[PDB]
Amino acid sequence: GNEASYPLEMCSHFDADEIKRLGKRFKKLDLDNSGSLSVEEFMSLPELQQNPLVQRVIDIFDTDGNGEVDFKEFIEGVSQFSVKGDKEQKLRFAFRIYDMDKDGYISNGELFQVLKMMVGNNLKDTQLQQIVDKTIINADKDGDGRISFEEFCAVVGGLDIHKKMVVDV
Amino acid sequence: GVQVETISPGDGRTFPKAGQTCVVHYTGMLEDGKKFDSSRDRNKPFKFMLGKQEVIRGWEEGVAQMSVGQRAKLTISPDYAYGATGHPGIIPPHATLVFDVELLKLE
Amino acid sequence: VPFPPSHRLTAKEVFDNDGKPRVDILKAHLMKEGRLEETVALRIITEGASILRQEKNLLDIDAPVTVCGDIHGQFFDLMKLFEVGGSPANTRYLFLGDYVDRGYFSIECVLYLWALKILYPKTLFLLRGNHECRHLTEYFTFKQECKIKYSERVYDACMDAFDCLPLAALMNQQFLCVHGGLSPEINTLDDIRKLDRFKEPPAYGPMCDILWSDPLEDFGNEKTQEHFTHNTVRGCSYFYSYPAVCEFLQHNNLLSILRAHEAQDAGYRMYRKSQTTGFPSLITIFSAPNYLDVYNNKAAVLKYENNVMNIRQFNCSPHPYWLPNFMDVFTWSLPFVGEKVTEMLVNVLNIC
Ligand SMILES: C=CC[C@@H]1/C=C(\C)C[C@H](C)C[C@H](OC)[C@H]2O[C@@](O)(C(=O)C(=O)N3CCCC[C@H]3C(=O)O[C@H](/C(C)=C/[C@@H]3CC[C@@H](O)[C@H](OC)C3)[C@H](C)[C@@H](O)CC1=O)[C@H](C)C[C@@H]2OC
Ligand SMILES: *C(=O)CCCCCCCCCCCCC
Ligand SMILES: [Ca+2]
Ligand SMILES: [Ca+2]
Ligand SMILES: [Ca+2]
Ligand SMILES: [Ca+2]
Ligand SMILES: [Fe+3]
Ligand SMILES: [Zn+2]
């Protein structure tokens, strides 16, 4: 926020200076100076407009589920993407992009909503729905008609996508 | 690079500007000409908009060089496309891609 | 939007007591994107293969016949084809090959056509096309398809079945029906008969040519009169001339060469006619409308009866969507999800 209050405890890959640096970033970001951080404030700057995943990232970061990203969450969040970050915490993050209600399972509707978010009008909805159905029919190995982290990682686990989910701090 | 060879004319004057939404129909192929995707497959024209980095480089540099109604063959190089990483499931690493792009409209 | 049925058809559902497949039950299931039990699928493939294995390299087919061109995994257009050409229940059919690849419904095409062959072994004939092989199916999306929908066991079954597909057909003692065309090493019908069909088509030779040939891009107004020339398009086989076709025809006392292998915007093409008979020396029939969902072509079927060659045209029919190469939505969206997610942070951190 700028000033005092009692101790923030968190867990991360960051060293004393990386947290300071990130602390200054969170500072500029604070706008209303409330210490927390909301979507309106994230929406604040230039390249957070047609990034269809911005509200998704905010919600995954928002671990306490109160709509705003506080400093602890800001650190914990960016830490998933730090180098020194393990491939597993990165794929878990990925899983969370589709797993909207955070209950551990990507359902048909969520998969459709998250995809529609990025595809927009480049695919007809029947087309998108058809392929969502067929992906779940095939990856659903355990039977409940909804994709778990285990099944997600069975389809995705060998892709090197995570090697690029790395930011410098 | 991205080598453009025209297939159909179009008005040789109306080229797209940055910020302008290019409405196109494309059919992507590997260097051997073997098709890998097309907007015609979905009967949905791919709409992207110049400048805003919404497509691979070859497309930005290539589709800029096109006039409305023009149908041309963009022959994009890996570095201007997917490089050595390729694209999971469709594009093999270190691949040259030929795109038959048809500039339909601007909006 | 409709969902594909989870219930896989079992043996007793597909085959009746006489061991006759119920193509109607099969058609309906397949159209909803339904799958069979791998064992049933395998039985269809394997039982059709046994029938084909017994047929001759060069089939002897009597008119009336509906001759059909490339199908290319466009199962839903295969359904329209039958509406236009007639029920297999009372109409003699002859398919010129290329049942797989290109279209993402190749297995439903082989299954329905093989079952139909088991059901009408003497009125429905299937010929071999250049795509009914290993090198092309591994290259294109057929192998991947069999693995996504069934397994490589089914795939292998199809491969061995494809090796049983006849190479040509002598229709009504008049036409030489093949998928590609002529060959330098085939100057008579016996040359076809003396070929060993049961194998993967060779890198070159008579069997390769039959499956791969094309007429010259200038099948009439030529200056040279060269019979065969290498096919620079195909990267193999040849290009045959009007004098070449007219030489084969006169020599073997045939009317014309009916074939497919080449997309046509009208679903067919009549070539330069014989100066003796007012009939086209060559005919290309193409039965895949809106080819590759790209070409906006019509498809067609040849209907030969009572000395009349009538061409029936048909348009595309709707079909479900499959991402390129049967890729799943996760593998499809991930690279983009990574890119943007990383971009949000890069932008967010760059505020200092
Ligand atoms: C949620 C779904 C994902 C989301 C999908 C859609 C909006 C649907 C849309 C019609 C795409 C097609 O879906 C059927 C399909 O199109 C291809 O076949 C293709 O013809 C192609 O090359 N195109 C498409 C037309 C513009 C040019 C180019 C491109 O620039 O594409 C972009 C691209 C892939 C850039 C990568 C991204 C990762 C970077 O690392 C890499 O940087 C090197 C560059 C597309 C537009 C991305 O912005 C958006 C997505 O990916 C790709 C072979 C793979 C792609 O599917 C993924
Ligand atoms: C507002 O609510 C506080 C935001 C400012 C956070 C910056 C704190 C600096 C942390 C550096 C110490 C390193 C810890 C190991
Ligand atoms: Ca705030
Ligand atoms: Ca919070
Ligand atoms: Ca969920
Ligand atoms: Ca499951
Ligand atoms: Fe073909
Ligand atoms: Zn062919």
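Chains are named by letter, beginning with A, in the same order as the sequence lines. The residues of chain A that appear here are 1-169 by the PDB entry count, in order. Residues 1-107, in that order, are what chain B shows, numbered as in the PDB entry. Just so it is clear, chain C uses the PDB entry numbers, and the residues here are 21-372, in order. Remember, it's 1-based here, ligands and their atoms both numbered in the order they're listed. What you see below is based on every heavy atom in this structure, not just the backbone, and it leaves out hydrogens, waters and symmetry mates.
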request  = Determine which of metocurine, posaconazole, tacrolimus, erythromycin, venetoclax is the drug at ligand 1.
outcome  = tacrolimus
task = List the chief contact partner of tacrolimus (ligand 1) in this entry, with the name from UniProt.
result = Peptidyl-prolyl cis-trans isomerase FKBP1A
Contact chains, tacrolimus (ligand 1), heavy atoms < 4.0 Å = A, B, C
ask   = Against tacrolimus (ligand 1), which UniProt domain of chain B provides the most contacting residues?
value = PPIase FKBP-type
query = Hey, does C:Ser353 sit under 4.0 Å from tacrolimus (ligand 1) if you only count heavy atoms?
reply = yes
ask   = What else, ligand or ion, lies under 4.0 Å from tacrolimus (ligand 1)?
value = none
request  = Examine tacrolimus (ligand 1) and decide if any of its atoms is less than 4.0 Å from a heavy atom belonging to B:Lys44.
outcome  = no
query = Is there a heavy atom in B:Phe48 that sits closer than 4.0 Å to tacrolimus (ligand 1)?
reply = no
query = Which one of B:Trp59, C:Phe356, B:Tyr26 has a non-hydrogen atom at the shortest distance from atom 4 (C) of tacrolimus (ligand 1)?
reply = C:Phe356
Minimum non-hydrogen distance to atom 32 (C) of tacrolimus (ligand 1), winning option of B:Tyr82, C:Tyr341, B:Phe36, B:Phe46 = B:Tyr82
ask   = For atom 39 (C) of tacrolimus (ligand 1), what is the nearest protein heavy atom, given as residue, atom name and distance?
value = C:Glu359 OE2, 3.7 Å
key: Any N or O of C:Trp352 closer than 3.5 Å to N or O of tacrolimus (ligand 1)   = yes
ask   = Does any N/O atom on B:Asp37 come nearer than 3.5 Å to any N/O atom on tacrolimus (ligand 1)?
value = yes
request  = Report the molecule name of chain A from the entry.
outcome  = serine/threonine phosphatase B2
task = Answer yes or no for B:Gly58: is there a heavy-atom contact with tacrolimus (ligand 1) below 4.0 Å?
result = no
ask   = If you measure every N/O of B:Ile56 against every N/O of tacrolimus (ligand 1), is any gap under 3.5 Å?
value = yes
inquiry  = Hey, could you tell me which residues sit within 4.0 Å of tacrolimus (ligand 1)? Heavy atoms only, please.
reply    = A:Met118, A:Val119, B:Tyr26, B:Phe36, B:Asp37, B:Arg42, B:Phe46, B:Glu54, B:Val55, B:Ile56, B:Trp59, B:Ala81, B:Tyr82, B:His87, B:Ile91, B:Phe99, C:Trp352, C:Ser353, C:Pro355, C:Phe356, C:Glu359
